[PDB]
Each structure stands twice: as C-alpha cells, then as structure tokens.
Colleague: 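Our group is looking at a structure that contains ceftriaxone; some questions.
Residue numbers start from 1 in every chain, and the chains themselves are labelled A, B, ... in the order their sequence lines are given, proteins ahead of strands. Numbering of ligands and ligand atoms starts at 1, following listing order. So this one's X-ray crystallography, 2.0 Å, going by the header. These numbers come from the heavy atoms of this one structure, side chains and all, not from hydrogens, waters or symmetry mates.
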Amino acid sequence: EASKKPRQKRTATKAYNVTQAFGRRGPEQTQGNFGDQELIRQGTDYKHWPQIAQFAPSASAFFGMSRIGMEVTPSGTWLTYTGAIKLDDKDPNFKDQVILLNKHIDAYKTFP
Amino acid sequence: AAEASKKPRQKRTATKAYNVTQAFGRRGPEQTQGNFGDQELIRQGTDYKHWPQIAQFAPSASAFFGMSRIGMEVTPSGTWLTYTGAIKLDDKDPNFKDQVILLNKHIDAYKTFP
Ligand SMILES: CO/N=C(\C(=O)N[C@H]1C(=O)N2C(C(=O)O)=C(CSc3nc(=O)c(=O)[nH]n3C)CS[C@H]12)c1csc(N)n1
Ligand SMILES: CO/N=C(\C(=O)N[C@H]1C(=O)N2C(C(=O)O)=C(CSc3nc(=O)c(=O)[nH]n3C)CS[C@H]12)c1csc(N)n1
C-alpha cells in the first residue's frame, strides 16, 4: 500500500521502514547513506524525526536550490539532483543539530 | 522583507508574489546555484500551470533523507548539509516522453535569456 508510491513519494514508518522504502544504507552512488539503526527502523516515527525533516526541502526549494540533470543509463532515465543547505548557526539549537546529523550520516559503517 | 523570506531557504516556496529568483537566487552554472526553470517558472513558482507535473518528482522529507547521499561540510561561510541523488522516471508511464520534454525545458533554460 505504502509501497505502491513512486520511491520519491514514499514515507517510511515502523510498519514500512527505511530499508523497505529506500533500500539498505551503503557506499554506492545509488544508495542512501543516512540513518542509524533506530531511524532506519522507525522512519518518520523516529523520536527526533521533526529535527531531521526541518532540513528537507519543499518541492519548490528542491527544484529551486538544486542543480538538476537528466541521465539515461542501462537501468533507465534519471532526474539527478545535487545541492547544499546552510544550517542556521545563529540558532541555540545549532550544536544539537550538528550532533544529530553526525549520528545519522554514514552511521551504517558501524553496524554489526 | 516578505514573511515568505523568513522561512529557512529549504522551506521557502516560490510563487508569483515571491519568485524563484527572490527565494532561491538567480539561476546559473555554479556548484550550488540552482539551474532549473524557464522564464515562466522563474516568475510564477508554484503558480506555474504545469507545476504539478514537476512536483511529482520532488521527494518527501522521508525520501529525501532515505534516498540521498547526505554529507556535512564546515567552511568559512558556515555549516552545510550536502545532498546528491537521482530519482528514476517510469519509462512505462504513457506520459514519460512529455515528462522528459517538460524537465528538459527547465534544465539550464537560463542560458537562453538574461
Ligand atoms: C497583467 O499582469 N499584471 C501584472 C503582472 O502580473 N505582472 C507581470 C510581469 O512583469 N509579468 C511578465 C514578465 O515579467 O515578463 C509576464 C510575461 S511578459 C508577456 N506575457 C505575455 O503573455 C505577452 O503577450 N507579452 N509579454 C511581454 C506576464 S504578466 C507579468 C501586474 C503586476 S503589478 C500590476 N498592477 N499588474
Ligand atoms: C502594455 O502591455 N504590457 C504588458 C502586457 O503584455 N499586457 C498584457 C495582456 O493583455 N496580457 C495578459 C492579460 O491580458 O491578462 C496577461 C495574462 S495575466 C498574467 N500572466 C502571467 O504570465 C503572469 O505571470 N502573471 N499574470 C497576472 C499576460 S501579460 C499581457 C506587459 C507584460 S510584462 C510588462 N512589463 N508589460
């Protein structure tokens, strides 16, 4: 049901987790590298999800801020995107946001 | 400054009142300038009449963090969350050709107009 959406519109939850929705975390260019074991398992049910989601772009900002491309490979036609989002280092929450992001970025490297 | 400007950049939404340039900067070739949008999309933002056919490819917050390669960089300008990824078009969708035309129409369109 949740799995019938195009990948880019899926919402991961406990019932349909980040692995089920977006594949396993890993180093390859086609894989996602973000999330510790708790976030992977809980998705948007993760207790600190709101603090992560604040960094996710609106549809307008995704198409507004990103460098957008199209590539045709053996596997199909792809809309590529890259960009950068500046953290608000003036907010008191800055230091905690850094700790949160650092806990999830490439977290899979330490999994048993 | 407009209240629409007071959102963090990534949470800003461009419209006729507060346009793509105002919200997200002039389109251009540089590494973290946006390169997407013709003159009509730039002016109109989500008011563009074909916005829905573009937005269908935009990621949910969950998918943005699930699909993308995420990094952090600390530089003289601040701390930046970097992202890269790719979203697969459905080449079985009868509307696929038209999706490709619409995307291509906005990708690097700025090159053809001041
Ligand atoms: C009828 O529009 N009234 C507007 C308005 O929305 N402003 C416009 C503005 O600068 N826009 C632009 C453009 O930027 O080129 C355009 C595109 S330019 C254009 N469109 C045509 O369809 C056409 O036949 N010829 N041209 C030259 C559309 S109106 C808008 C307005 C703003 S304040 C006020 N009192 N009226
Ligand atoms: C002397 O005319 N000056 C014009 C002009 O083209 N006049 C209008 C005319 O009859 N057209 C009308 C309409 O009739 O509604 C419209 C439709 S309304 C509209 N279209 C947009 O694309 C947009 O972004 N916003 N809006 C509100 C377009 S301009 C033109 C103009 C356009 S940009 C600019 N600086 N001047």
Colleague: Help me out: which chain holds the greatest share of contacts with ceftriaxone (ligand 2), per UniProt?
Modeller: Nucleoprotein
Colleague: Which neighbouring chains have any non-hydrogen atom closer than 4.0 Å to ceftriaxone (ligand 2)?
Modeller: B
Colleague: Measure the distance from atom 21 (C) of ceftriaxone (ligand 2) to every protein heavy atom, then report the residue, atom name and distance (to 0.1 Å) of the closest one.
Modeller: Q44(B) NE2, 3.5 Å
Colleague: Under 4.0 Å from atom 26 (N) of ceftriaxone (ligand 2), do we find at least one protein heavy atom?
Modeller: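 Under the 4.0 Å cut-off, atom 26 (N) of ceftriaxone (ligand 2) does have protein heavy-atom neighbours.
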Colleague: Hey, is atom 8 (C) of ceftriaxone (ligand 2) touched by any protein heavy atom at less than 4.0 Å?
Modeller: no
Colleague: May I ask you to identify, for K16(B), whether its side chain, its backbone, both or neither come under 4.0 Å of ceftriaxone (ligand 2) on a heavy-atom basis?
Modeller: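 Just the side chain.
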Colleague: Can you see any other ligands or ions closer than 4.0 Å to ceftriaxone (ligand 2) in this structure?
Modeller: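 Under 4.0 Å from ceftriaxone (ligand 2), the others are ligand 1 (ceftriaxone).
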Colleague: Hey, which UniProt domain of chain B has most of the residues touching ceftriaxone (ligand 2)?
Modeller: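 According to UniProt, it is CoV N CTD.
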Colleague: Please report which non-hydrogen protein atom sits nearest to atom 24 (O) of ceftriaxone (ligand 2), along with the residue it belongs to and the distance in Å to one decimal place.
Modeller: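 Nearest protein contact, heavy atoms only, for atom 24 (O) of ceftriaxone (ligand 2) is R43(B) NE, 2.7 Å.
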Colleague: Using protein heavy atoms only, decide if any is under 4.0 Å from atom 32 (C) of ceftriaxone (ligand 2).
Modeller: no
Colleague: For chain B, what organism does the entry report?
Modeller: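 According to the entry, Severe acute respiratory syndrome coronavirus 2.
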Colleague: Identify the binding-site residues of ceftriaxone (ligand 2) at 4.0 Å, heavy atoms only.
Modeller: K16(B), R43(B), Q44(B)
Colleague: One line per pair, note the atom names and distance for all nitrogen or oxygen contacts under 3.5 Å between ceftriaxone (ligand 2) and the protein.
Modeller:
from                   : atom 1 : to     : atom 2 : distance (Å)
ceftriaxone (ligand 2) : 22 (O) : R43(B) : NH2    : 3.1
ceftriaxone (ligand 2) : 22 (O) : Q44(B) : NE2    : 3.1
ceftriaxone (ligand 2) : 24 (O) : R43(B) : NE     : 2.7
ceftriaxone (ligand 2) : 24 (O) : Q44(B) : NE2    : 3.1
ceftriaxone (ligand 2) : 25 (N) : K16(B) : NZ     : 3.0

